[PDB]
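Notes for the one structure printed next.
Within every chain, numbering begins at 1; the chains are lettered A, B, ... in the order of the sequence lines, protein sequences first and strands thereafter. Note: hydrogens, waters and symmetry copies are ignored here, and every other heavy atom, side chains too, is used. Note that ligands are numbered from 1 as they come in the structure, with each ligand's atoms numbered from 1 the same way.
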There are 2 protein chains.
Amino acid sequence: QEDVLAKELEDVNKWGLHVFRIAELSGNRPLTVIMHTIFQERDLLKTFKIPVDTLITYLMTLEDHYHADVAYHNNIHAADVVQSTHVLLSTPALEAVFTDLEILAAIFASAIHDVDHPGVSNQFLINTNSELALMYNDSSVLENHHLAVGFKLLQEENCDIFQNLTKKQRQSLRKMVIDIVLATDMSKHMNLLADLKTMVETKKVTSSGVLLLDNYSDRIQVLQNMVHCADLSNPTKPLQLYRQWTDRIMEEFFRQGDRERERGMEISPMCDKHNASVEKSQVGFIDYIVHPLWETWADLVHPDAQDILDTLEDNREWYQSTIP
Amino acid sequence: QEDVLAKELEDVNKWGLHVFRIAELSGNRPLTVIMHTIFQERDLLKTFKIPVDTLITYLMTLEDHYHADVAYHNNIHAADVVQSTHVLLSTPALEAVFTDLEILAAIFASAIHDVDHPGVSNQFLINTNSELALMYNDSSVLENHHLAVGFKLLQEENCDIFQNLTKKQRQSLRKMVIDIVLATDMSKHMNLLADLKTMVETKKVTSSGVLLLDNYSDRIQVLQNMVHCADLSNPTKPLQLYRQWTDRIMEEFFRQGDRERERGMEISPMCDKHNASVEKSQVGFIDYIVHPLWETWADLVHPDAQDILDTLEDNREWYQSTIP
Ligand SMILES: O=C(O)c1ccc2c(c1)nc(Nc1cccc(Cl)c1)c1ccncc12
Ligand SMILES: O=C(O)c1ccc2c(c1)nc(Nc1cccc(Cl)c1)c1ccncc12
Ligand SMILES: [Mg+2]
Ligand SMILES: [Mg+2]
Ligand SMILES: [Zn+2]
Ligand SMILES: [Zn+2]
C-alpha cells in the first residue's frame, strides 16, 4: 500500500489526480500526504527551514480539524484545493512570478481555507443566530473562522511550521493568507471576477513571456483568484471526479435543507431534496459562475489552461445531455 | 444627589453636557442614566415597545462590561458619545432624515461601540499576537469585538430590549449597528471623510432646509460619519471638558507605551511619557483629523455646525497658546 500511494503521489503535478484514491491509500490523510509531497516538490522545507516532524505534526492536526462527517467541505476537499492551487502555480505564464513566500502563502491558504467547516452556509449560520455569526458580525463568518482556526493550530505542540521565518516574513505571509482566504467567500465572487476581467483587459507581459505583477494589489489579486479557481475547480476535473464532488455537495446541501425545513425556515436554493434538479443546477452553476471564472483565468494565462477549459466545457455538455 | 442629577440631565439636548458630574452623581452609571434619559426624549420606549425594566437591566449589564481601570475607553466615554450622537441627530439640516429605526440604530451603536475595550490599540493587539487579533484576523479587531459583546449581552436574562421589534426590524437594526460600529475604527477615518467630502460636492438639499438622502449607501454613510464625529467630539466641547478627556486619553496612551517599552516594541505615537508633547499632539490631532472632519461635516449641514466648529477652533487656539 505504501508503494501504490507513492505511485499515485507521482501525479501531484497533474490536473485530475486521483484524490479520492489517495485519501484511501493514505489512511484518510490526503491533506497531510499531498501537502508533504508538494512541500518536497517545491523544496519548501529547505527554503524555510521547516522541520519535517513539525510539518507533519501541524498537517495532521490541521487535517484533524476538518470534519470527517461533512460530505463536501472536508479534508479531501482541502487536499483537492491544495493540489489544484499547486498545479495552477506551476503554469508557464506565471513562471518565477511569485516569491517563495507567496507560493508558501497560497498553498498554506488553500490547506486551511475551509478548516472546521460545519457543512452549512454563511447565510444559514446568520439566519439561525449561530455563535459563529454572533462572533463575526455576519461578515464572511465561515472564512474568518477558517483563518482563526488555521493560525491558532500553529500554536499547538511542535506545530509552528513558520518558526524559522523572519518576523517580516511571518507578518507578510499572515497578511497574504488572510487576504486569500477571505476572498473564498462566494459573496465576493462577482467583485473578484470583475477585477480579474479588468486585469486581463489591461494585461502586461514581461520580455520572458510571463505575467508582469509589480505591486501588491495585482499580485494578491492573482493569488486570490487562483485559490478561488481551485476552490471552484470540481467541474473542470475528469467526469468521474466531478460526479463524486457533485454527489457530495448535494448531500451537504440536502442535509442543510432538512435543517431549514425542521426549523420552519425557507429552504435555500438546491437544498430541497423534494424539488431538486441536480443536473440543471450543475449546468447553471457552470454557465453563470464556473465557466465565466475559468474562461477569464484561461485568458490571463493563455494558452496554459486550454485543456482545463476544454474539460469544463465537455462536462457541461455531458450534464446538459442528461436533462432531455 | 438624584435631583442635582436631574437638573444637569435637563440639557441632554445641549453640546457641553456635564458628563463627569453626571458620572459622579450617578454612582459611576452615566451610560445607564444618559441612555435612559435619551430614549425618553426621543420617545423610543413607546415607538419600539421596549420594557423600561429590560432597558435598565441591559444598560447596567452593558455598562458593567466597560473596564473601570481604563482611563478613557470606559463607560463615561460611551455615555458621552451617546449624548453627542443624540444631539447631532437633531441637526436642522437633518430633520428626521433618518427613520425611528435608524435613530435607534445610531444610538444603540453609540452605547456599545467601545464595550470591553482593554485600553490598548488595534495595532498593539496585532503586534502582540493577542487572542483578539487571532480571532479577528487583524481586521477592525476591537470594533468587531465591541459589536460581538454588545449583541451577546442581549441574550442575558431580561436584556433583550429589541424583543418586540419585528423580525425584519431586528435584522435591519443589526445590520445598521454593525455598519456604524465598524466605521468607528480610526484606520477607516480617511475613507469615511473622503466619502463625506464626495457627498458634500454632490449635496442635494431642499429650499425648506433639509439634506436629501435617498439610497441606503448615502444614508448609512452619514450615520457612520455622525457617530464618528461623536466619537471625536472631545475637542469640540467646552474646554474644561476637553481638558479632562485629554488627561484620560494621555494616561491610557502612556500606559500602553509603558507596555510597548517593557516588551521591547516600537512605542506608538503619543504613548512615550518620557518623550511626549501632550499639547502639540492635541493641536496636531485637531489640525489633521478633527477639524477636517468637523469642517466637512459643517459644510454638509451648513450652517448648523457653526458653533461646534467655532468651539473647536477656540480650543485649538487655547491648546496652541499653551505651547511656549
Ligand atoms: O461556497 C461554497 O463552498 C460553494 C460550494 C458549492 C457550490 C456553491 C458554493 N455555490 C453554488 N451556487 C451558487 C452560489 C452563488 C450564486 C449562484 Cl448564482 C450560484 C453551487 C451550485 C452548484 N453546485 C455547487 C455549488
Ligand atoms: O481610536 C480612538 O479611540 C482614538 C482616541 C483618541 C485619539 C485617537 C484615537 N487618535 C489620535 N490620533 C491619530 C489617530 C490616527 C491617525 C492619526 Cl494621524 C492620528 C489621537 C490624538 C490625540 N488625542 C487623542 C487621539
Ligand atoms: Mg469555503
Ligand atoms: Mg473604539
Ligand atoms: Zn472550499
Ligand atoms: Zn470611542
Drug name (ligand 1): silmitasertib
Partner of silmitasertib (ligand 1) with most atom pairs under 4.5 Å, per UniProt: 3',5'-cyclic-AMP phosphodiesterase 4D
Other chains closer than 4.0 Å to silmitasertib (ligand 1) by heavy atom: A
Nearest non-hydrogen protein atom, atom 11 (C) of silmitasertib (ligand 1): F285(A) CE1, 3.5 Å
Nitrogen or oxygen of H73(A) less than 3.5 angstrom from that of silmitasertib (ligand 1): yes
Silmitasertib (ligand 1) contacts in chain A: dominant UniProt domain: PDEase
Closest approach of any protein heavy atom to atom 19 (C) of silmitasertib (ligand 1), naming residue and atom: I289(A) CG1, 4.2 Å
Close N or O approach (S281(A), silmitasertib (ligand 1); < 3.5 Å): no
Residues of chain A binding Mg(2+) per UniProt, non-hydrogen atom under 4.0 Å from silmitasertib (ligand 1): none
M270(A) near silmitasertib (ligand 1) by a heavy-atom separation under 4.0 Å: yes
Atom 5 (C) of silmitasertib (ligand 1) [closest protein heavy-atom partner, distance rounded to 0.1 Å]: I249(A) CD1, 4.1 Å
Identity and separation of the nearest protein heavy atom to atom 1 (O) of silmitasertib (ligand 1): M186(A) CG, 3.2 Å
Chain A: UniProt active-site residue nearest silmitasertib (ligand 1) and heavy-atom distance: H73(A), 3 Å
Which residue and heavy atom of the protein sit nearest atom 23 (N) of silmitasertib (ligand 1), plus the separation: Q282(A) NE2, 3.1 Å
Binding-site residues of silmitasertib (ligand 1), heavy-atom cut-off 4.0 Å: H73(A), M186(A), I249(A), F253(A), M270(A), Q282(A), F285(A)
Silmitasertib (ligand 1): which protein N/O atoms lie under 3.5 Å from its N/O atoms?
from                     : atom 1 : to      : atom 2 : distance (Å)
silmitasertib (ligand 1) : 3 (O)  : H73(A)  : NE2    : 2.9
silmitasertib (ligand 1) : 23 (N) : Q282(A) : NE2    : 3.1

